[PDB]
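In this PDB entry you will find ibuprofen.
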Amino acid sequence: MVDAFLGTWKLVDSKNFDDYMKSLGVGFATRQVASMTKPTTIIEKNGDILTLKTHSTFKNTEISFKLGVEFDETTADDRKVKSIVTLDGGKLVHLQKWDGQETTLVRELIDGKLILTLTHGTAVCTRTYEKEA
Ligand SMILES: CC(C)Cc1ccc([C@H](C)C(=O)O)cc1
């Protein structure tokens, strides 16, 4: 049911995002900007290439990848990371590694909503998204 992730998703709730960003070394001025927008995330597929786009006023980003194939990514906060996206049951797991550390960005569909859990050590952030019509 990978296809249930496809489409356009809008942020409707957040918890611990500011704490998560602080845990990655994102400065207060940038955290303030990042938190005061409700981003849109577009997930699309073309053959075996997936694309994830994030649109806001903090930044626009786009990554393209194949499931299970490591890729280079430069995150919204300017980390150069080694990334991989996998499917673990119903969880779409985006792992970012750099400099001996890591963070996961996990997406799961619960009751039709897309729950994005961001984990960096003990910092855990929940970002709740609703599908656009
Ligand atoms: C450190 C931070 C700026 C990286 C980051 C983490 C999550 C998201 C998602 C799409 C969101 O804002 O929900 C965007 C960018």
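We're sticking with the PDB entry numbering for chain A, so the shown stretch reads 1-133, in order. First listed ligand is number 1; within each ligand, the first listed atom is number 1. Hydrogens, waters and symmetry mates are skipped; everything else that's a heavy atom, side chains included, is used.
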Q) Which macromolecule does ibuprofen (ligand 1) make the most contacts with, named the way UniProt names it? A) Fatty acid-binding protein, heart
Q) Can you list the ibuprofen (ligand 1) atoms lying under 4.0 Å from a non-hydrogen atom of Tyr129? A) 9 (C), 10 (C), 11 (C), 12 (O), 13 (O)
**Q.** Nearest neighbour in protein (non-hydrogen) for atom 15 (C) of ibuprofen (ligand 1)
**A.** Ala76 CB, 4.3 Å
Q) What residue and heavy atom of the protein are closest to atom 12 (O) of ibuprofen (ligand 1), and at what distance? A) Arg127 NH2, 2.8 Å
Q) Who's the nearest protein heavy-atom neighbour of atom 3 (C) of ibuprofen (ligand 1), and how far? A) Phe58 CE2, 3.7 Å
Q | For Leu116, the ibuprofen (ligand 1) atoms whose distance to one of its heavy atoms is below 4.0 Å | A | 9 (C), 13 (O)
Q) Heavy atoms of the protein only: does one fall short of 4.0 Å from atom 5 (C) of ibuprofen (ligand 1)? A) no
Q.
Among all the protein's heavy atoms, is there at least one whose distance to atom 8 (C) of ibuprofen (ligand 1) comes out below 4.0 Å?
A. no
